[PDB]
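Below is Proteasome subunit beta type-5 with carfilzomib (bound form) bound.
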Amino acid sequence: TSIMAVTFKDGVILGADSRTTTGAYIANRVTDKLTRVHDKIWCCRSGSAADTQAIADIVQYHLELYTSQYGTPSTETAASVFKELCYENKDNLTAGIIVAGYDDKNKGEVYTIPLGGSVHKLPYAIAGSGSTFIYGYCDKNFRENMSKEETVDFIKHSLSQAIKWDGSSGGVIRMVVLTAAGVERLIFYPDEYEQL
Amino acid sequence: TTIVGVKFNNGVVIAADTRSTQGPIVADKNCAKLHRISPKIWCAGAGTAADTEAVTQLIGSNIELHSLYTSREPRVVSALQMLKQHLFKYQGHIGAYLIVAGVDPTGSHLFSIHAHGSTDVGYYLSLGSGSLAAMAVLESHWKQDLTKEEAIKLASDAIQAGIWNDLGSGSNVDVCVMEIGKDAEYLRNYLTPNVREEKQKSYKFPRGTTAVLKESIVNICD
Amino acid sequence: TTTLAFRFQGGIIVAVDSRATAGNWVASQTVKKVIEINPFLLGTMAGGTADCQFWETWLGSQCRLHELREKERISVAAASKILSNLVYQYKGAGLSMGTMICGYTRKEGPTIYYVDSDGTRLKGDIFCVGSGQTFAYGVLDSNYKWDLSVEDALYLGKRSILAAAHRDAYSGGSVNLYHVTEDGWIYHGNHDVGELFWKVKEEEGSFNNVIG
Amino acid sequence: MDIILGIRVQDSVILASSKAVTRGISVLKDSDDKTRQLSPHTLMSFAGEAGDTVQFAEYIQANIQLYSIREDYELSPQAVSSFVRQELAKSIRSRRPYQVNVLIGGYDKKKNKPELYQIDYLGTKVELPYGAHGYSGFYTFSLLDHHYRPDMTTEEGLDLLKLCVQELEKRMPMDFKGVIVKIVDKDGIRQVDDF
Amino acid sequence: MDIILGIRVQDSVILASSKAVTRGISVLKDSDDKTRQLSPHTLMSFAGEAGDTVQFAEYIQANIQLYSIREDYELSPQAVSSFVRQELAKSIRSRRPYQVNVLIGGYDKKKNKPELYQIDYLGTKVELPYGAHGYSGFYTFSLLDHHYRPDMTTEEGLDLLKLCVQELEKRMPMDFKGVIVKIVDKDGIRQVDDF
Amino acid sequence: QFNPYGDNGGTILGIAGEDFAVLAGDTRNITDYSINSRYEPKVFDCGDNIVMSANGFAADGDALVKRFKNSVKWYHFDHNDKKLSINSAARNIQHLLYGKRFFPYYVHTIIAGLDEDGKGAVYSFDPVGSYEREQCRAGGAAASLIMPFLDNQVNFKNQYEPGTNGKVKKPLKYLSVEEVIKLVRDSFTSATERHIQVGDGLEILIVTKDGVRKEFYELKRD
Amino acid sequence: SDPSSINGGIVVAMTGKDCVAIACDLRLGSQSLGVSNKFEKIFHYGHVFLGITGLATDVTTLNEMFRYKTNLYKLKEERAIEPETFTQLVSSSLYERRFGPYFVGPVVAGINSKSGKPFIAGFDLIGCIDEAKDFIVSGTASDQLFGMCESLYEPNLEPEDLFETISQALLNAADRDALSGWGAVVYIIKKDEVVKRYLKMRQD
Amino acid sequence: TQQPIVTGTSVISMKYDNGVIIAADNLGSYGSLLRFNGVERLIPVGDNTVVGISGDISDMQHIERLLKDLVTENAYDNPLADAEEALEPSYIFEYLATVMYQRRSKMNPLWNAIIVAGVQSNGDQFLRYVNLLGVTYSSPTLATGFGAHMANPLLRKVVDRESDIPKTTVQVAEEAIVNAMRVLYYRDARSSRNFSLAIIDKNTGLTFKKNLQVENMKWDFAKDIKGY
Amino acid sequence: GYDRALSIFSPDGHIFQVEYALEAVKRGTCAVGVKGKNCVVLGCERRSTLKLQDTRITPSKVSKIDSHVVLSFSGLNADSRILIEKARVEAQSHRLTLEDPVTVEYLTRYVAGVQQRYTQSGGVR
Ligand SMILES: *[C@@](C)(CO)[C@](*)(O)[C@H](CC(C)C)NC(=O)[C@H](Cc1ccccc1)NC(=O)[C@H](CC(C)C)NC(=O)[C@H](CCc1ccccc1)NC(=O)CN1CCOCC1
Ligand SMILES: *[C@@](C)(CO)[C@](*)(O)[C@H](CC(C)C)NC(=O)[C@H](Cc1ccccc1)NC(=O)[C@H](CC(C)C)NC(=O)[C@H](CCc1ccccc1)NC(=O)CN1CCOCC1
Ligand SMILES: *[C@@](C)(CO)[C@](*)(O)[C@H](CC(C)C)NC(=O)[C@H](Cc1ccccc1)NC(=O)[C@H](CC(C)C)NC(=O)[C@H](CCc1ccccc1)NC(=O)CN1CCOCC1
Ligand SMILES: [Cl-]
Ligand SMILES: [Mg+2]
Ligand SMILES: [Mg+2]
Ligand SMILES: [Mg+2]
Ligand SMILES: [Mg+2]
């Protein structure tokens with residue numbers, strides 16, 4: 001996997017490739033690695049497909065039950081639940097999750113949760129095997145308070161490089177835009193992003 | 001095993017070969033890999049034969065009780081959720097690899113489940129040892145907006161690819177067509193392209209050939 | 001395998017089974033396990049087939065070269081020591097052999113040498129070698145006397161292989177008999193266990209464990 | 001532990017069991033009785049892992065004795081053997097299995113027949129005319145195949161048994177310090193003191 | 001192989017060696033002589049890995065016999081023992097070492113004294129009043145410590161040796177089928193036929 | 001760690017008649033669950049009316065056949081074009097195989113031909129050089145399926161004369177070339193049914209005094 | 001130390017015209033050592049026959065377990081259990097021990113008393129059902145039995161002819177396996193008579 | 001004893017009525033890292049043979065040097081080096097097959113799978129495979145790595161047996177090969193979009209096509225797929 | 001290694017080095033062998049131009065090869081030691097492999113073979 005989430009002026013955008021693998025075979029070339037845990041709290045999944053699916057299902061259940069009693073949860077609260085599962089079951093999990101959501105008070109927020117189960121709040125986050133190849137690029141190019149179109153280009157150019165170098169990454173580039181306007185899904189095909 | 005699933009206009013079709021192996025030995029030349037979870041939700045299973053049969057029957061049982069409890073026709077996502085949570089709990093020790101398909105009040109659906117509990121969505125899928133031969137065909141000939149008869153042709157062709165090219169797969173092609181608004185039609189031995197040729201000789205022995213030491217009538221009655 | 005050879009009043013009896021196995025697969029029921037080295041010398045085979053077959057035929061070539069060079073038939077002791085010194089050179093390499101070099105010469109008389117692949121070389125009167133050796137020993141020891149007749153000695157050798165063939169899963173097929181006298185070795189036929197077991201059961205009244 | 005034999009003849013069952021108890025490079029004892037009386041007409045010899053053997057034997061003995069008192073009746077050899085088998089069959093899938101092999105010789109008073117059962121530590125039961133556990137079988141079975149007849153007397157059986165012990169004493173690597181022989185018949189259990 | 005003993009007394013050296021040759025669960029032979037005469041007044045017993053033992057013994061025998069012919073003279077027991085030690089000391093750092101332990105009993109005709117040398121497979125040499133290899137020492141040494149005196153006769157030494165064999169036959173796990181005893185003195189080497 | 005061996009599947013079969021001898025073998029070549037070739041012959045005419053097949057790890061098989069073929073050539077050069085007898089060939093092959101005793105050729109070798117009395121002859125070898133003349137031998141992946149059928153039909157094992165109370169055995173007799181080919185074809189169709197590594201095509205080589213003929217038959221391709 | 005091949009043994013079943021046959025060898029051993037030549041591996045519960053190969057202690061245990069369960073079935077149902085139903089019972093019971101299984105290879109055989117239809121079925125050690133029109137095989141010589149049955153079998157064999165075919169299949173398969181043999185038993189089963197024959201075979 | 005470092009993936013090929021076609025992508029992978037993109041894995045020998053190589057690239061470059069040297073050595077004292085005594089495909093293969101087996105037999109293999117495709121002097125099509133183990137085989141269609149699992153099933157639908165070869169034109173044959181390369185790009189995680197293709201025809205000779213690209217790809221259906 | 005062919009044929013078909021070696025034998029002190037009905041006796045000459053000799057320690061003319069075979073010689077004394085040593089080693093080697101001492105014919109055949117080898121080997125006389 002190559003995944004990333006990036007805060008910007010109007011909120012936050014999540015981005016991901018669509019490749020799932022068993023060794024060198026591509027079991028699914030159109031995977032959806034960006035998943036909904038709440039109306040405007042989404043996560044990017046990396047590591048084991050089974051583990052991250054099971055975790056995301058449990059978190060969605062917890063936040064649904066939270067909403068029934070206490071109303072809309074914060075993005076921090078969502079990241080805390082992800083952490084609790086990842087930390088307490090660190091011995092039996094291979095999950096690298098990026099949590100991203102939009103509050104109206106807090107605007108766009110990004111929390112990354114690596115293997116150990118630690119929580120790190122950041123302006124933008126990258127993760128997955130293909131992220132290694134773009135640390136240099138992303139650090140040099142990221143700016144705070146970007147526009148929607150700039151952030152979309154930043155993610156598209158970043159994942160394009162990650163996909164190019166990482167064999168475990170490829171297919172289409174899916175994106176999910178989280179703002180006060182609502183939720184928008186974007187897709188970008190090889191013919192476009194490969195020749196960037 | 002080679003098993004496939006293909007989505008079309010008004011529903012979904014799944015198919016499978018009919019070979020069961022025991023190492024390099026063909027244990028069953030005409031086994032049924034297509035399983036009924038509910039009347040209009042069917043399952044194709046690769047991997048450990050006892051695990052696919054057992055997990056399909058258990059979830060099928062719980063789906064029936066759930067259907068009766070809710071007074072509703074069962075949904076594919078319910079079977080999908082129950083299967084994946086069961087398999088995940090056992091950490092891949094239950095070696096069931098399933099293609100789940102069917103129609104319900106929500107619409108037509110096609111999923112695959114792996115032994116560790118991960119699920120995928122698609123318009124065309126293949127699992128088993130012959131999945132690469134099958135997926136090669138599916139990737140070559142699949143298009144959007146397939147008809148019923150086109151999907152059956154594509155599915156069976158993807159199974160045939162496994163039959164001929166994979167040593168794990170062979171014999172016949174079973175098909176199940178699940179169309180919306182209609183009863184699901186299970187087509188057992190839809191194709192039989194591996195009939196055994198006439199033998200060169202009858203091996204009927206003259207009566208008395210086998211040497212016998214003792215005879216005795218066995219009592220089966222009470 | 002089950003192979004035996006014993007010494008007695010009338011010379012040497014040598015008896016072997018004819019089964020070959022690869023794990024639990026019965027590969028052959030008709031294997032010759034006695035190697036004819038010359039009119040006066042015999043070699044028995046147990047362990048790895050190729051090892052035994054290859055090196056015992058090789059032994060025959062060395063014995064032929066001895067009698068060409070020395071104008072005299074090789075002694076049983078010298079023949080057995082050629083084989084034992086050879087396998088000792090390969091000690092540790094993984095050869096698998098349990099052999100018996102039997103023969104009669106003027107200076108020695110009837111003589112039996114046990115030779116195995118870890119270099120052991122032993123002169124003796126009675127030896128059983130193979131996976132079913134213990135079964136053969138049981139019958140052979142309990143019925144052995146030095147004063148046995150040629151007829152009775154042939155039968156006891158045959159009957160001992162049958163005992164092992166029956167109990168040991170890796171022994172069977174048929175029995176090959178050999179008698180070694182002052183004049184040389186004499187072949188006393190191939191005896192299929194299929195027919196022989198029932199024939200012996202009926203006539204001797206033994207093997208009551210088996211459903212008649 | 002090591003050598004335990006059994007021979008069923010016309011009218012009795014004869015059990016022979018080695019006397020040696022060895023630990024490391026020392027024979028600690030040369031007069032060990034590797035048997036327990038389960039009931040007046042049922043005897044069990046045993047061999048295997050140290051501690052387990054006697055612990056298992058005595059546990060079975062207690063249960064059979066308990067049954068006898070409760071019902072004021074002696075269980076058949078067949079019934080006792082089945083009980084023993086099931087206990088071993090349970091054991092093999094326990095956390096720590098009993099590593100014990102047994103022979104059960106008994107005289108069924110209802111059938112007026114002697115019976116010999118061979119049971120290994122897995123719970124594998126067979127009724128036999130003659131039986132053995134461990135390496136002993138590799139010598140004795142082929143010998144008995146030849147010399148055994150079903151209509152033999154108790155005296156003929158003891159001579160047949162002497163033949164087995166002689167063969168073992170000739171070809172076995174270890175010194176097992178001879179055997180204790182016991183006979184089970186219509187009159188119960190008794191020990192042969194001079195063997 | 002297994003049991004080899006040695007006792008030096010006033011006027012002779014006595015070597016006892018077991019007769020059994022065992023391989024697997026079968027005693028293949030019960031009359032094996034585990035010794036070679038190196039010279040008229042020098043005897044070597046041996047024990048260890050199969051094949052190696054006899055191969056090594058005969059190789060030493062050949063070399064000592066070669067020396068005797070060349071010089072028309074018999075090497076001293078001390079000289080023979082040193083030669084044997086060095087051969088084993090070479091062997092231990094070879095590709096495949098000889099796994100053989102030996103006792104060398106000899107009578108030095110120049111000193112008119114009996115001599116007993118114990119050498120293990122590493123090439124560790126010691127002159128001793130009494131010696132043993134393998135597990136045999138664990139019983140015999142403490143027994144000899146008590147009963148041995150330096151001024152004993154050959155007859156006293158044989159009785160002392162009977163005491164050792166009896167103890168081994170009582171407490172050793174394996175049946176070693178008795179011993180072949182040989183005596184080395186001023187008149188050379190001779191075998192005791194009734195032991 | 002590098003593994004120098006592999007398994008290429010397939011199976012071979014040799015039968016001997018009165019004045020002839022056949023050596024059959026399937027033409028399928030595999031690795032794991034993939035087919036490499038549907039027609040890759042492994043039965044070879046080596047000259048001097050000697051046919052040979054070395055089944056198992058094909059790279060070792062080809063190396064052996066190549067070396068024996070070359071051995072026949074040098075036999076002619078060194079011994080005035082003398083015909084290499086089947087028994088002499090067998091002994092020579094033992095030395096080829098045993099020469100690599102400590103890094104073996106991973107193959108079952110069978111050779112066929114006529115002996116010096118004109119009568120049919122089949123020799124079979126283990127991987128390190130042990131050999132034995134027989135009327136009958138199956139080798140390779142499906143050897144354990146075919147061999148017991150051959151015991152029953154060629155050597156009439158376990159067959160007694162009807163009515164004779166299991167006392168008189170069915171007498172041994174030579175089979176015609178027609179009858180033998182019937183048995184070969186049936187043996188391979190059966191083996192193809194139940195063993196995954198066997199199929200595609202059957203190639204028989206018949207050996208009479210007149211030379212070496214060939215016959216080819218189709219086998220199931222699943 | 002491979003549980004399924006310590007003791008040895010084989011079972012085979014076939015179908016014919018209005019009949020079924022099931023056969024098994026008699027050997028019980030401990031690796032190389034033959035121990036008993038009277039160890040039958042076929043059992044029955046009413047008209048339903050069950051053969052079991054593999055680890056002998058589990059063979060014994062399962063027989064006693066299915067006798068247990070079929071006896072309670074008959075008491076509550078007030079009828080004999082049919083082959084199709086029994087097959088399902090065996091599968092359920094084996095899979096109950098999924099992660100601590102019995103090391104066995106069972107085979108069901110019998111004629112349904114209502115429909116008259118011949119029925120056979122086979123299983124792996126954890127409960128997978130294997131149904132067949134023709135034949136089922138099990139044991140240490142299963143490869144041999146597969147080869148014999150595939151060549152010798154034809155459909156719709158009369159009871160007398162079917163006996164010859166199944167017996168030759170078992171005998172010749174057993175002779176190529178070290179751990180199988182030492183006697184054999186065949187069960188011919190018609191609608192309302194069952195004949196049991198002991199075969200003469202080589203005893204090595 | 002080796003382990004492969006920089007590797008090349010599938011090589012695919014088939015026969016057709018007048019000749020043979022072979023193809024392989026231009027990638028040099030370093031584990032999961034798609035390190036090198038300008039790697040040519042088809043190497044022509046003369047005007048009648050093309051050797052396609054997958055596996056370790058250092059070893060591929062060694063083999064390149066051997067073939068290059070073979071051409072030089074054949075030209076020595078050979079007036080008919082460009083005529084009757086030119087290097088045939090069968091000569092080049094047997095040489096490589098010999099080397100591969102000798103190297104496995106010394107427990108130091110060239111970590112490769114190799115397909116030699118060409119046309120003989122008498123017009124006959126030549127197509128044979130060899131790998132690190134020294135295993136050789138021939139078939140109407142041949143493929144290495146993932147090609148064996150995905151390409152062969154597609155190519156065998158065109159040429160299933162011998163009799164299907166005369167009935168197969170170069171247009172039909174190349175179409176199938178190009179299609180197979182697309183499928184491999186969908187499914188092989190160590191494949192690239194850029195590849196080379198070579199045709200050896202008994203009439204038109206050797207045609208070597210560089211810098212080809214996989215195209216006409218179906219990705220549009222991905223937008224409809226949501227969640228798991 | 002020194003390779004020169006020293007023993008070679010001459011035009012008349014003689015090997016002069018072998019023939020000149022016979023002249024060395026002719027120079028050596030006389031040795032005689034006589035075999036009776038139940039014994040063999042070996043007699044040897046010792047030249048008397050050497051007084052003040054120590055006969056205890058001086059090498060004897062007759063040498064034991066084994067306990068049952070003896071060897072006397074005529075010619076170069078130093079050369080004889082090499083043959084005697086080789087013969088003595090072969091004697092023990094024969095006992096080791098054949099488990100029987102050499103015959104006199106066999107021991108002779110070996111010694112004669114050694115002598116022959118030195119007549120068509122390079123670098124040696
Ligand atoms: C990129 C690819 C890497 O970071 C992404 O992170 C994606 C994340 C998406 C899917 C959410 N990761 C994967 O695709 C993931 C890679 C991976 C593999 C193994 C362990 C951890 C991560 N792939 C999977 O999870 C696949 C998905 C299946 C094919 C639908 N699963 C496997 O590869 C399974 C996993 C087994 C497993 C191991 C450890 C923890 C959990 C599960 N592996 C196999 O089936 C092994 N296979 C058996 C047959 O022989 C070939 C190997
Ligand atoms: C294609 C044909 C091959 O991949 C398919 O995937 C099919 C799926 C269909 C049949 C549902 N798979 C098989 O046929 C499958 C292949 C297989 C083999 C081994 C492990 C996993 C998968 N075959 C089976 O599962 C057979 C079913 C029999 C023929 C009815 N079962 C076995 O081979 C069992 C496996 C049991 C098992 C135990 C523990 C963990 C995993 C699996 N193996 C044996 O029976 C072997 N052995 C025989 C002697 O007795 C002891 C067990
Ligand atoms: C009794 C009968 C059994 O112990 C005897 O001891 C006989 C001795 C007679 C035949 C001289 N011994 C055997 O039968 C012997 C047992 C054995 C097996 C393997 C190694 C050592 C000892 N069996 C063999 O030698 C068989 C005989 C063939 C099958 C007719 N040969 C093999 O097992 C060969 C070669 C073994 C080998 C040794 C050293 C290096 C490499 C290989 N192996 C195979 O054929 C492999 N096998 C065949 C079946 O298919 C799977 C592969
Ligand atoms: Cl996923
Ligand atoms: Mg990529
Ligand atoms: Mg047997
Ligand atoms: Mg097949
Ligand atoms: Mg058998």
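Residue numbering restarts at 1 for every chain, and letters A, B, ... go by the order of the sequence lines. Quick check of the header: X-ray crystallography, 2.9 Å. Indexing begins at 1, ligand by ligand and atom by atom, following the structure's order. The structure shown is a partial extract from the entry, and contact counts are restricted to the extract.
Within the model, the positions assigned to carfilzomib (bound form), copies included, correspond to ligands 1, 2 and 3. Counting only non-hydrogen atoms, chains lying under 4.0 Å from carfilzomib (bound form, ligand 3): C, F.
Lab note: covalent bond from carfilzomib (bound form, ligand 3) to C:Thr1 OG1. The PDB entry assigns chain F the name Proteasome subunit beta type-6. For carfilzomib (bound form, ligand 3), the nearest UniProt active-site residue in chain C, with the shortest heavy-atom distance to 1 Å, is C:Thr1, 1 Å.
The entry gives the source of chain C as Saccharomyces cerevisiae. Around carfilzomib (bound form, ligand 3), within 4.0 Å by heavy-atom distance, are found C:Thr1, C:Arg19, C:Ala20, C:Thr21, C:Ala22, C:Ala27, C:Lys33, C:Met45, C:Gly47, C:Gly48, C:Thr49, C:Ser131, C:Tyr170, F:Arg101, F:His108, F:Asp126, F:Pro127, F:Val128.
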